[PDB]
2 protein chains.
Amino acid sequence: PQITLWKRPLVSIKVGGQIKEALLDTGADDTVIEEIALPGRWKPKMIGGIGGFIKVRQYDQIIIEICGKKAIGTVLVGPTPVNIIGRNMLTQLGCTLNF
Amino acid sequence: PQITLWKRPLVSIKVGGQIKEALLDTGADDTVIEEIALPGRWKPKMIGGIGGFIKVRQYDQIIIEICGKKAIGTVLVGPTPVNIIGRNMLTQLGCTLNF
Ligand SMILES: Cc1c(O)cccc1C(=O)N[C@@H](CSc1ccccc1)[C@H](O)CN1C[C@H]2CCCC[C@H]2C[C@H]1C(=O)NC(C)(C)C
């Protein structure tokens, strides 16, 4: 489909067995989610937002349902205000910006 | 045009009589540019995100240009690591998200 930007592009997602609200974010390289339990070993990571950097746990090959679709990739977990679907996941969905 | 997200969706914009590079951000409610001279009076504003909050100057009635298309609205000026074109401007350009 086509999503307009008159309001925040919020969608429902399923990650780590839970349903959540997330933001389709072309301004994010990564997909980051509030504290949640994911399987496997993680790696440390720094991501720089508008107010500076923070540390998050990096899990790889994590499954996520988004827009009746599935994306399997890197998911960062940390103290984020909003759950974010970054470009690494958006590209798996075949998202493009059009204007 | 149609922009893919394999890499950051950076584009050239014409703002404040200046040509700058900025990121088309569907996750940003607002548009914020690094230090730049703009006409009119401003009001202080705090915007937050990953990493915390920063202080910015809010200018209204600012015109910007991206790929031959123009839009007018509010532009925030402050210490941002990357220039962000938010939804307040993306809508005016007829920018949508497709998949
Ligand atoms: C989450 C993330 C990554 O994993 C990797 C790179 C950047 C980001 C990141 O924070 N990107 C942001 C743009 S600010 C930005 C900073 C550096 C580079 C590019 C953009 C988000 O797209 C938008 N971001 C989405 C969201 C992040 C959690 C807090 C609530 C909003 C805040 C909003 C935001 O920051 N809005 C402003 C108006 C202050 C610009």
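To find a chain, count down the sequence lines: A is the first, B the second, and so on, and within it residues start at 1. According to its header, this structure was worked out by X-ray crystallography, 2.3 Å. Scope of the values below: all heavy atoms of this structure, side chains included, with no hydrogens, waters or symmetry mates. In each ligand, atom 1 is the first atom listed, and ligand 1 is the first ligand listed.
For ligand 1, the recorded drug is nelfinavir. The chain forming the most contacts with nelfinavir (ligand 1) in this entry appears in the PDB entry as Protease. In contact with nelfinavir (ligand 1) at heavy-atom distances under 4.0 Å, by letter: A, B.
Scanning the protein heavy atoms around atom 9 (C) of nelfinavir (ligand 1), the nearest turns out to be A:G27 O, 3.9 Å.
Only the side chain of A:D25 comes within 4.0 Å of nelfinavir (ligand 1), counting heavy atoms alone; its backbone N, CA, C and O stay farther away. Source organism of chain A, per the entry: Human immunodeficiency virus 1. The atoms of nelfinavir (ligand 1) that sit less than 4.0 Å from any heavy atom of B:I47 are 39 (C). Close contacts of nelfinavir (ligand 1) with B:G48, meaning ligand atoms under 4.0 Å from a residue heavy atom, involve 32 (C), 39 (C). The residue from A:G78, B:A28, B:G51, B:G49 that puts a heavy atom closest to atom 36 (N) of nelfinavir (ligand 1) is B:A28.
Only the side chain of B:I84 comes within contact range of nelfinavir (ligand 1), with a heavy atom under 4.0 Å; no backbone atom does.
Every N/O-N/O distance between B:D30 and nelfinavir (ligand 1) stays at or above 3.5 Å. By chain and number, the binding site of nelfinavir (ligand 1) (heavy atoms under 4.0 Å) reads A:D25, A:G27, A:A28, A:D29, A:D30, A:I47, A:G48, A:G49, A:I50, A:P81, A:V82, A:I84, B:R8, B:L23, B:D25, B:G27, B:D30, B:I47, B:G48, B:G49, B:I50, B:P81, B:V82, B:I84.
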